[PDB]
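Encoded as structure tokens, the structure appears first; notes follow it.
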Amino acid sequence: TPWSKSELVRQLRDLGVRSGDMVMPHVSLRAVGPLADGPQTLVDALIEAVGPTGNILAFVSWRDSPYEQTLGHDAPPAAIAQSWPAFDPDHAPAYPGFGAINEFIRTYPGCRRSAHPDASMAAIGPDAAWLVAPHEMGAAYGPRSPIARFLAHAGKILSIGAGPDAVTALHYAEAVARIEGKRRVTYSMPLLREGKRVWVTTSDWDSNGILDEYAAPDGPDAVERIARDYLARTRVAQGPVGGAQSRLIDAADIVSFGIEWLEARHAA
Ligand SMILES: CN[C@@H]1[C@@H](O)[C@@H](O[C@@H]2[C@@H](O)[C@H](O[C@H]3OC(CN)=CC[C@H]3N)[C@@H](N)C[C@H]2N)OC[C@]1(C)O
Ligand SMILES: [Mg+2]
């Protein structure tokens with residue numbers, strides 16, 4: 001029988017979500033199973049669990065981000081440049097591969113959305129505006145990004161049936177790790193500035209593998225390796241949300257662990 005909002009809220013409380021919390025979810029809706037009113041039921045449950053003083057931050061990205069189409073070029077290729085839609089945060093759908101729940105999060109009334117078209121983050125709650133801006137090209141997941149502020153805001157990572165590769169906040173550890181050989185990428189995004197499309201080309205850390213040995217197309221990347229080690233080494237609340245095995249992780253702790261993990265393995 002499909003899970004009700006009330007059942008999910010009680011499960012989230014059992015896992016350790018408290019009123020006032022700052023939560024970043026990563027969700028496998030297949031693992032959760034049928035919901036009374038579809039994915040919105042779980043969105044509503046998350047909002048209720050964090051309460052009117054809590055916040056939700058999600059890495060939603062953009063369905064039509066021209067990442068692969070501009071990757072490695074010093075400017076967008078001509079055909080891309082002429083016709084690609086500018087990123088419009090009010091209308092641009094979420095990237096389906098990071099979870100079908102994210103389109104429901106980003107369309108929730110009052111949700112705020114960050115300006116980085118490829119790394120776009122959505123936030124709900126009183127601190128949403130502070131979470132989502134600034135989010136500049138060249139600062140996808142590291143210092144000055146919404147992830148940085150999430151880590152300073154007592155953030156908890158709520159993994160609902162998601163794998164250890166799903167932990168976006170660990171890209172902050174990659175960004176700041178004092179290690180040799182870090183990979184960078186160059187890509188271009190079409191932004192709206194005063195109503196006009198402006199192409200911006202930037203470089204940033206490679207979020208598909210910070211070192212060559214972590215950059216196989218189907219990983220494991222460093223995020224996955226760090227998170228697997230961390231979860232083998234740390235007490236973390238575990239329990240069901242819907243039908244999904246779930247975990248509630250202290251974000252600052254896992255990121256600090258990840259910085260140490262990288263720096264212990266790779267020369268400066
Ligand atoms: C929307 N644009 C996207 C662009 O943002 C980027 O997405 C990254 C994403 O793959 C990473 O997740 C993958 O990682 C690996 C192994 N590397 C295997 C499967 C996934 N777990 C994530 N950790 C960081 C994301 N930034 O590349 C793809 C893209 C579609 O172009
Ligand atoms: Mg507050």
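Residue numbers run from 1 in the order of the sequence given. The way this entry was determined, per its header, is X-ray crystallography, 1.2 Å. Heavy atoms only: backbone and side chains are in, while hydrogens, waters and symmetry mates are out. Counting starts at 1 for both ligands and their atoms, following the listed order.
This structure shows the largest set of contacts to ligand 1 coming from the chain the PDB entry labels Aminoglycoside N(3)-acetyltransferase. From rimonabant, sisomicin, cefmetazole, the name that belongs at ligand 1 is sisomicin. For atom 16 (C) of sisomicin, the closest non-hydrogen atom on the protein side is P217 O, 3.6 Å. Among protein heavy atoms, the minimum distance from atom 23 (N) of sisomicin is reached at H171 NE2, 2.9 Å. The nearest protein atom to atom 2 (N) of sisomicin, hydrogens excluded, is given as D118 OD1, 2.8 Å; this is a heavy-atom distance. Ranking the protein heavy atoms by distance from atom 9 (C) of sisomicin puts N208 OD1, 3.4 Å first. Protein heavy atoms all stay at least 4.0 Å away from atom 19 (C) of sisomicin.
From the protein, the heavy atom lying nearest to atom 30 (C) of sisomicin is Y95 OH, 3.3 Å. Residue contact check for sisomicin: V223 places no non-hydrogen atom closer than 4.0 Å to it. The residue-level binding site of sisomicin (heavy-atom cut-off 4.0 Å) is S61, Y67, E68, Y95, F98, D118, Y141, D165, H171, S207, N208, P217.
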